[PDB]
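Structure of oseltamivir carboxylate in complex with Anhydrosialidase.
Position 1 is the first residue of the sequence; numbering continues from there. Each ligand, and each atom within it, is numbered from 1 in the order the structure gives. When reading the values below, keep in mind they use all heavy atoms of this one structure, side chains included, and skip hydrogens, waters and symmetry mates.
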Amino acid sequence: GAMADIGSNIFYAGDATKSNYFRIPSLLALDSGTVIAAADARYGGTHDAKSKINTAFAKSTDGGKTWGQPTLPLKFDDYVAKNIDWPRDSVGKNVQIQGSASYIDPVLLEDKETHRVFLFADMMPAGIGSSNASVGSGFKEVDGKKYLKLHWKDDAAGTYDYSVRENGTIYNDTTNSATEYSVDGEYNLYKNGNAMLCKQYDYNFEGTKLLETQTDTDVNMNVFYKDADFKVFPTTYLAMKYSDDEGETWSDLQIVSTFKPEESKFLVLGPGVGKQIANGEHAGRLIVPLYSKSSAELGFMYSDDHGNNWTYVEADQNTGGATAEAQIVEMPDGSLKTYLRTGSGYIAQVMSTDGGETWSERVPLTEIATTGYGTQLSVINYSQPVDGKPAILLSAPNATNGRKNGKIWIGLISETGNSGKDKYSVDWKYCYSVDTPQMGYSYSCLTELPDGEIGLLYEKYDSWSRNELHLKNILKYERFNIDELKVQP
Ligand SMILES: CCC(CC)O[C@@H]1C=C(C(=O)O)C[C@H](N)[C@H]1NC(C)=O
Ligand SMILES: [Ca+2]
């Protein structure tokens with residue numbers, strides 16, 4: 001590293017998370033000027049779920065110069081958290097942990113009006129990822145109310161005759177009667193008030209074989225685990241916790257995906273950050289992007305009551321389940337513009353004028369080259385005008401083969417003199433090249449730091465390629481002043 005690269009990683013092999021690998025950056029400057037970040041702590045190489053992944057978190061209280069040790073606010077204990085080198089040979093590289101639960105793909109959002117920070121992540125039961133998730137919500141209705149459903153070990157396969165009801169009391173739904181079992185606020189199981197326990201797994205390679213084996217370490221038996229007497233429906237869930245002390249402590253685990261459509265396979269986060277609307281009637285509305293294999297691809301969840309209740313919106317009718325990861329910016333009057341990945345070989349744009357309740361048709365963005373699978377992008381508002389115009393910024397790779405050639409762009413917003421979704425246009429005037437065109441560049445997250453500089457946390461390799469799996473120390477943090485970025489090539 002150069003002098004300029006000192007301090008250019010927040011999370012790294014050897015830090016407090018005990019992970020050798022990381023992916024999926026999230027970076028967010030708080031209204032206090034505290035700056036925070038989160039990423040996946042991918043213990044089992046860089047694989048997506050199924051695997052063993054916890055959500056890591058870290059804070060800077062000097063404007064994003066300096067970063068404290070990381071914490072793990074969303075973590076599962078069914079398999080141990082340890083530093084391990086994942087094989088990168090031609091056979092071993094493909095091997096994933098088969099039996100762990102996982103938190104994956106974070107989103108950070110602050111409510112400025114209460115000063116509350118929300119951390120969201122996808123929540124995967126044991127041995128589950130997007131690709132083997134079962135179709136369904138994971139909840140049942142009993143007399144109209146939604147309860148998390150559960151499979152007792154000695155019931156028939158696919159049979160969920162039990163539910164988590166008030167106080168965490170587990171009920172038998174065929175008889176409608178409370179059992180002697182319950183869950184606590186961590187979703188750990190209890191029998192007649194006693195903590196139920198199971199053996200933690202360790203994982204070790206012998207050659208290219210991954211041996212997942214019990215240790216003698218006891219942990220709390222959790223309904224998300226492979227070895228639980230009661231087990232959740234094996235679909236994807238949305239998890240959230242909030243903090244009122246800038247990440248010093250977290251609230252109890254929330255499973256917020258009660259709205260998961262019954263016809264959906266997966267419903268997951270567009271990682272990065274969410275948005276709080278600043279202007280218009282709905283200033284203070286919290287909105288978070290989602291996508292699904294369902295009736296719809298692109299979706300959102302929003303809250304009008306400071307995060308207590310969330311509404312799900314579908315933004316299209318696509319049943320294809322493409323990887324429609326999105327990030328959202330706001331126009332000067334409070335309307336919203338969302339940029340998203342597609343499975344169509346371009347980045348797309350959609351608009352809402354009612355604060356995220358309804359969305360226009362997808363409009364391709366021709367300025368940026370991408371692959372047919374796409375990559376996640378980061379888009380943010382900037383608080384200072386640029387050339388006297390309102391400004392947004394976009395980070396993304398810029399190539400048609402591979403994840404490489406990262407740019408940061410500056411888009412200047414103009415009134416076109418038209419009414420609805422057509423009220424504004426974006427001039428992508430500036431395009432800054434992060435590195436040499438062949439250097440890898442995948443997922444990224446921008447934030448505006450309190451001094452008006454731009455922070456960036458990004459994947460400095462190609463995270464799609466099967467030949468760049470299981471690299472260490474590829475999550476890079478850089479800072480730029482706005483004049484550096486005002487490049488026209
Ligand atoms: C969700 C489907 C999609 C299938 C390729 O995977 C996403 C692609 C990713 C990618 O293109 O690198 C990273 C995301 N972490 C992953 N999401 C999940 C939930 O695993
Ligand atoms: Ca309001």
Check: Where, by number or letter, can oseltamivir carboxylate be found in the structure?
Finding: ligand 1
Checklist line | Binding site of oseltamivir carboxylate, heavy atoms under 4.0 Å | finding: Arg23, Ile24, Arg42, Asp48, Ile104, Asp105, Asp122, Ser130, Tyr291, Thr323, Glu325, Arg341, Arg403, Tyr443, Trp464
Notebook entry, point to check: How far is atom 7 (C) of oseltamivir carboxylate from its nearest protein heavy atom, and which residue and atom name does that atom have?
Noted result: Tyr291 OH, 3.9 Å
Check: Numbering the atoms of oseltamivir carboxylate from 1, which are under 4.0 Å from a heavy atom of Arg403?
Finding: 10 (C), 11 (O), 12 (O)
Check: Which of the numbered atoms in oseltamivir carboxylate are below 4.0 angstrom from a heavy atom of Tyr443?
Finding: 8 (C), 9 (C), 10 (C), 11 (O), 12 (O), 13 (C), 14 (C)
Item checked: Heavy atom of the protein closest to atom 6 (O) of oseltamivir carboxylate (residue, atom name, distance) -> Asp48 OD2, 4.2 Å
Next item on the list: Give the numbers and elements of all oseltamivir carboxylate atoms closer than 4.0 Å to a heavy atom of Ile104.
Entry: 20 (O)
Item checked: Atoms in oseltamivir carboxylate flagged as close to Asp122, the criterion being non-hydrogen separation under 4.0 Å -> 19 (C)
Next item on the list: Could you check atom 3 (C) of oseltamivir carboxylate against the protein and tell me its nearest heavy-atom contact, residue, atom and distance included?
Entry: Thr323 OG1, 3.6 Å
Notebook entry, point to check: Counting from 1, what oseltamivir carboxylate atoms have a heavy atom of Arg23 closer than 4.0 Å?
Noted result: 10 (C), 12 (O), 13 (C)
Checklist line | Proximal atoms of oseltamivir carboxylate relative to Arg42 (non-hydrogen, under 4.0 Å) | finding: 15 (N)
Item checked: Atom indices of oseltamivir carboxylate within 4.0 angstrom of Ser130 heavy atoms, with elements -> 1 (C), 2 (C)
Margin query: Show me which atoms of oseltamivir carboxylate lie under 4.0 Å from any heavy atom of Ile24.
Written below: 15 (N)
Check: For atom 18 (C) of oseltamivir carboxylate, which protein heavy atom lies nearest, and how many Å away is it?
Finding: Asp105 OD2, 3.7 Å
Using a cut-off of under 3.5 Å, which N/O atoms of oseltamivir carboxylate pair up with protein N/O atoms, and what distance separates each pair?
from: oseltamivir carboxylate; atom 1: 11 (O); to: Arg341; atom 2: NH1; distance (Å): 3.0
from: oseltamivir carboxylate; atom 1: 11 (O); to: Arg341; atom 2: NH2; distance (Å): 2.9
from: oseltamivir carboxylate; atom 1: 11 (O); to: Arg403; atom 2: NH2; distance (Å): 2.7
from: oseltamivir carboxylate; atom 1: 11 (O); to: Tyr443; atom 2: OH; distance (Å): 3.2
from: oseltamivir carboxylate; atom 1: 12 (O); to: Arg23; atom 2: NH1; distance (Å): 3.0
from: oseltamivir carboxylate; atom 1: 12 (O); to: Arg23; atom 2: NH2; distance (Å): 2.9
from: oseltamivir carboxylate; atom 1: 12 (O); to: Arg403; atom 2: NH1; distance (Å): 3.0
from: oseltamivir carboxylate; atom 1: 12 (O); to: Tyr443; atom 2: OH; distance (Å): 3.3
from: oseltamivir carboxylate; atom 1: 15 (N); to: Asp48; atom 2: OD1; distance (Å): 3.0
from: oseltamivir carboxylate; atom 1: 15 (N); to: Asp105; atom 2: OD1; distance (Å): 2.8
from: oseltamivir carboxylate; atom 1: 15 (N); to: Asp105; atom 2: OD2; distance (Å): 3.0
from: oseltamivir carboxylate; atom 1: 17 (N); to: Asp105; atom 2: OD2; distance (Å): 3.3

